[PDB]
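Check out this one - pamiparib stuck to Poly [ADP-ribose] polymerase 2.
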Amino acid sequence: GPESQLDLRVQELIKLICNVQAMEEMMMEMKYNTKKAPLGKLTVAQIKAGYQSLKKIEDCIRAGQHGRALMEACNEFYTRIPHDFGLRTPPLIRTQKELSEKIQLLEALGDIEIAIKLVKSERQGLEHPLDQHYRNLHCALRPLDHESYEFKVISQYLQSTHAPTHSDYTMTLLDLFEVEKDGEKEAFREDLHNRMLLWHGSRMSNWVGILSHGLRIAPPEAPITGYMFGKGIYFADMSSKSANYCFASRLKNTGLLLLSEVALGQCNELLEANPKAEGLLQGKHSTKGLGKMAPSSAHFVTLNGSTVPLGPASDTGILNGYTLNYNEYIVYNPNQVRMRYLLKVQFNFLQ
Ligand SMILES: C[C@]12CCCN1CC1=NNC(=O)c3cc(F)cc4[nH]c2c1c34
């Protein structure tokens, strides 16, 4: 029986992100019907059909259709993406937050299809499965020293930018990995100014796909009204805002946080949401949803050519009527993103 040749730290990481049984438990909590559509029978085409159904719902909403048209549009979606609501009728989809909820379900399902394809790509016996899964990611994950300057700034970044409204939990940095996805260095825009180290969170089910395919842009079939600032890659400067998207629980209190170098260039700053913000760029390179509270430049430091927006965060007075509490950074080409650090985090829930 071939033993693992990977670092014990990387071994634990792959086990976490390749746990298909944990993936089935997560999708059921999202009301997805795994009995009716098993995860091992997921296909790219089925997920794309779900996106197009949501786009059809957005067409009903734009046309003011809240009757049979909307019900039949939602029925088609729930038939392609089956849910488990008991004996109840499936809820209708209408609002942006309800659209986004389904978009996030589809994004998890898409990355889950990548994960099953990967674990099924194991040639059993050849070597330990963990080493096989790791190589098939085609993404380097190098564990770093806890007395390294990297670990010091990133631990500071994690604690200093924890938002006061997200007071239901704290976060303990368990481990830190340097990330090198094949090709990101060669496509990155080292020319663009305002290179910043920004957070991004996601459910545990999505990290095989993220580390295998990079942060991606929403597909053309998706309705644009589900993305507050358009079909781009979203980042935060407040760790807890991204860490909320890990969707950790008291029993599943381990999550992953990604730090990436983002070439924002000149930002197009918006006071409120607009799903069509990409057309408002006008030679600018990124959209910045202005938040009321943000880190101040008086605490910033540099870590390997990028600016770390360390806390403590102060208020900006932004009060345009739901304004953003905290910032949001959106780039619309993946060549502005380079994944760099992966954080294994313990969530400390405060009851
Ligand atoms: C709901 C949404 C819209 C596009 C993908 N979705 C998932 C997401 N995941 N993760 C983050 O760390 C994040 C950080 C932000 F500052 C804003 C964000 N908006 C999103 C995310 C997000």
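For chain A, we keep the numbers from the PDB entry: what you see runs 229-548, 551-581, in order. Side chains included, hydrogens not; waters and symmetry mates left out as well; all remaining heavy atoms used. Order of listing sets the numbers, starting from 1, for every ligand and every atom in it.
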Specify which UniProt domain of chain A supplies the largest share of contacts to pamiparib (ligand 1). PARP catalytic
Compute the least heavy-atom distance between pamiparib (ligand 1) and each UniProt active-site residue of chain A, then give the nearest residue and its distance to 1 Å. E558, 3 Å
So what's the organism behind chain A, according to the entry? Homo sapiens
Report the overlap between the UniProt NAD(+)-binding residues of chain A and the residues with a heavy atom under 4.0 Å from pamiparib (ligand 1). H428, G429, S470
Contact residues, pamiparib (ligand 1), heavy atoms 4.0 Å: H428, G429, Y462, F463, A464, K469, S470, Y473, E558
